[PDB]
Student: 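Today's structure: one with fentanyl.
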2 protein chains.
Amino acid sequence: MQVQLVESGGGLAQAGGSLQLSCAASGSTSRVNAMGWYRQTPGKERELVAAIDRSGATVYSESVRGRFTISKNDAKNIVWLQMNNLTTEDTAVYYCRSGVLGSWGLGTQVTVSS
Amino acid sequence: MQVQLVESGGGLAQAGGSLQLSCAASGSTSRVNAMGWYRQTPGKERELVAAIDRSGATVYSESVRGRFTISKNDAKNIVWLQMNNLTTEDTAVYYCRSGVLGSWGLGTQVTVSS
Ligand SMILES: CCC(=O)N(c1ccccc1)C1CCN(CCc2ccccc2)CC1
Ligand SMILES: CCC(=O)N(c1ccccc1)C1CCN(CCc2ccccc2)CC1
């Protein structure tokens, strides 16, 4: 029922180097309009690293801004995490997670003057 | 079927001031383990401002880091966006959006040496 995800990439890198992770979705992909990467370093809580939605909007944790990039190939149903300028603080297990985001409401208008 | 969201807050603020937005969920809330705030300034694409998942992990766009805080009351099924140190660049329509995030995989191990 849920979309099937296969996570690839990772292994060893040198400090200063780069790695690319990938996550391939298959099965019930039509409803999936969000994908995200988390990580967990030993002893610490799992944290959200990067996320992307179907429109291409992206968001990153402070700890990886500018160094990591999340991208997608919509037709292949694959998302990548490019990880640049690595340090030993990036050692962790990385998790790909799917999401189904809901409909748009009307929203609320915010006007800031002066 | 989908969770019902009611967005509140917003209106006018002065530059330098603060506002708090809120979004109240009801109905099919049990499956909802992510909530997010987007915004759209006129003529620009809608962008992801802040998101939170059931574990409390949060993520922010670069443009609001440190000024905006997303929080939740799990028992009331309400999320808030506290917006501090506003500027005219924060004028926009703000949208609350729900999400259902998938199961955890085993992940991939990344080890950075030296
Ligand atoms: C942000 C996530 C997202 O929106 N998706 C996604 C999911 C997992 C990994 C990468 C992207 C979509 C899932 C559905 N596919 C449909 C592809 C298609 C369309 C028309 C004909 C044939 C095939 C589009 C991308
Ligand atoms: C990150 C989103 C999230 O995970 N949620 C959420 C959804 C919308 C807005 C705020 C938070 C949960 C939705 C379900 N509620 C159940 C509450 C409950 C539990 C036990 C007995 C009685 C009531 C917990 C919070």
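Just so it is clear: chains get the letters A, B, ... in the order the sequence lines come, proteins before strands, and each one is counted from 1. Technique stated in the header: X-ray crystallography, 1.5 Å. For ligands, and for the atoms within them, numbers begin at 1 and follow the listed sequence.
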Student: From the contacts in this model, which chain binds fentanyl (ligand 1) most extensively, according to the PDB entry?
Tutor: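 The largest contact count goes to jgfn4.
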Student: Name the other chains in heavy-atom contact with fentanyl (ligand 1) below 4.0 Å.
Tutor: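 Heavy atoms from other chains: A.
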Student: Which taxon does the entry assign to chain A?
Tutor: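 For chain A, the PDB records Camelidae.
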Student: Under 4.0 Å from atom 21 (C) of fentanyl (ligand 1), do we find at least one protein heavy atom?
Tutor: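 No, there is no protein heavy atom closer to it than 4.0 Å.
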Student: Can you find a protein heavy atom under 4.0 Å from atom 14 (C) of fentanyl (ligand 1)?
Tutor: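 Yes; the ligand atom in question has protein heavy-atom contact below 4.0 Å.
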Student: Does an N or O from A/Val32, backbone or side chain, lie closer than 3.5 Å to an N or O of fentanyl (ligand 1)?
Tutor: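 Between A/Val32 and fentanyl (ligand 1), an N or O pair is found under 3.5 Å apart.
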Student: Counting only heavy atoms closer than 4.0 Å, does fentanyl (ligand 1) sit against the backbone of A/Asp53, its side chain, both, or neither?
Tutor: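 Under 4.0 Å from fentanyl (ligand 1), A/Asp53 contributes backbone atoms alone.
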Student: Is at least one protein non-hydrogen atom found at under 4.0 angstrom from atom 18 (C) of fentanyl (ligand 1)?
Tutor: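 No; the ligand atom in question lacks any protein heavy-atom contact below 4.0 Å.
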Student: Any atoms of fentanyl (ligand 1) less than 4.0 Å from a non-hydrogen atom of A/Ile78? List them with their elements.
Tutor: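 This gives 9 (C), 10 (C) as the contact atoms.
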Student: Which is closest to atom 9 (C) of fentanyl (ligand 1) in terms of heavy atoms, A/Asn77, A/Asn73, A/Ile52?
Tutor: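 The residue whose heavy atom sits nearest atom 9 (C) of fentanyl (ligand 1) is A/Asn77.
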Student: Checking contacts here: is it the side chain or the backbone of A/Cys23 that comes within 4.0 Å of fentanyl (ligand 1), counting heavy atoms only? Could be both or neither.
Tutor: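 For A/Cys23, no heavy atom sits under 4.0 Å from fentanyl (ligand 1).
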Student: With heavy atoms of A/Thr29 as the reference, note each atom of fentanyl (ligand 1) found under 4.0 Å away.
Tutor: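 The list of qualifying atoms is 13 (C), 14 (C).
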Student: Just jot down the fentanyl (ligand 1) atoms closer than 4.0 angstrom to any heavy atom of A/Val79, in number order.
Tutor: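 Going through fentanyl (ligand 1) atom by atom, the ones under 4.0 Å from A/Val79 are 9 (C), 10 (C).
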Student: Name the residues that contact fentanyl (ligand 1) at heavy-atom distances below 4.0 Å.
Tutor: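 Within 4.0 Å (heavy atoms), the residues are A/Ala25, A/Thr29, A/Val32, A/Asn33, A/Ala34, A/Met35, A/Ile52, A/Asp53, A/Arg54, A/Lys72, A/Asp74, A/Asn77, A/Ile78, A/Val79.
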